[PDB]
Novice: 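Here you can see MLN8054 bound to Aurora kinase A.
Throughout, numbering of the chain's residues begins at 1 and tracks the sequence. Whatever order the structure lists ligands and atoms in, that order sets their numbers, starting from 1.
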Amino acid sequence: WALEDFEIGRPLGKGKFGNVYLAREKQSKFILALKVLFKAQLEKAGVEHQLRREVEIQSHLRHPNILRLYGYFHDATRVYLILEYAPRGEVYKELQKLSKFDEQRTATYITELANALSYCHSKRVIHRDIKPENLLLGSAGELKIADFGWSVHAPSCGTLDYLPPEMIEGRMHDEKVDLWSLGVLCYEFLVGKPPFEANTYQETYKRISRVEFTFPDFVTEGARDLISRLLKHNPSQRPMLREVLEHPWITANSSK
Ligand SMILES: O=C(O)c1ccc(Nc2ncc3c(n2)-c2ccc(Cl)cc2C(c2c(F)cccc2F)=NC3)cc1
């Protein structure tokens, strides 16, 4: 695999630590997304074990709702990451443009996530980094999990918003950590922003540690219940996916 097997299209993103361009595999005209990385910024951060370890995990996962990593290859000074391309764009931007999502749209995204996660929780992998900007949209408008920068094996410093008390209180945690994010996320899908939002890192900790959230009046009781069930402080109180997938509100509003 050489960078000359591909035809770079329009840029879709920037980082940290390279760029993501549209691209067409020359011989098969196969459309995809290609992530670039400079070995320079790589060792300058030393996170090379992660890249190898993250690419490691993602490369061995199969799900309609999990963005696929076909392959990769490095050259003179670059690292190349051959990724599945998501036509409809990023869920984050969408939320930005619409402000929030009606119950039907929210309820379905959750159902798709629940499966993708139910799946990960059986391959013994925990995402832990579920957040809008980690979600993209398939051409059919369906949800796709994109990043694995953290996702680890278990039972086992950035944005504190989607992390549960255990993660934050440096405590011992497991697969139920993702069920807390699903709650937070659900809330954001419906409210327009996270439950434990704060102008300061410090005070978010407090809001999250003490599980302090309230709903806007417009939030329906069907939702409030689910979210509340999902945002239980004690990881054991956190329901299990099946139950989530089979919650009244979920069923009464989902497409799947
Ligand atoms: O603006 C539009 O109209 C638009 C934007 C994007 C798409 N599609 C798309 N499909 C697949 C990927 C990406 N984007 C993508 C794009 C940019 C960047 Cl900075 C990262 C990635 C990723 C990614 C990743 F590796 C880690 C974490 C998150 C990721 F999102 N990986 C594949 C369609 C339309």
Novice: Which residues, given by chain and number, make up the 4.0 Å heavy-atom shell around MLN8054?
Specialist: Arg10, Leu12, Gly13, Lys14, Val20, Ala33, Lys35, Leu67, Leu83, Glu84, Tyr85, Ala86, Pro87, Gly89, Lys93, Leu136, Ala146, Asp147
Novice: Just wondering: which UniProt active-site residue in chain A comes closest to MLN8054, heavy atoms only, to the nearest 1 Å?
Specialist: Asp129, 7 Å
Novice: By UniProt annotation, which domain of chain A has the most residues touching MLN8054?
Specialist: Protein kinase
Novice: Any of the residues UniProt assigns to ATP binding in chain A within less than 4.0 Å of MLN8054? Only heavy atoms count, please.
Specialist: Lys35, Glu84, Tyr85, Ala86, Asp147
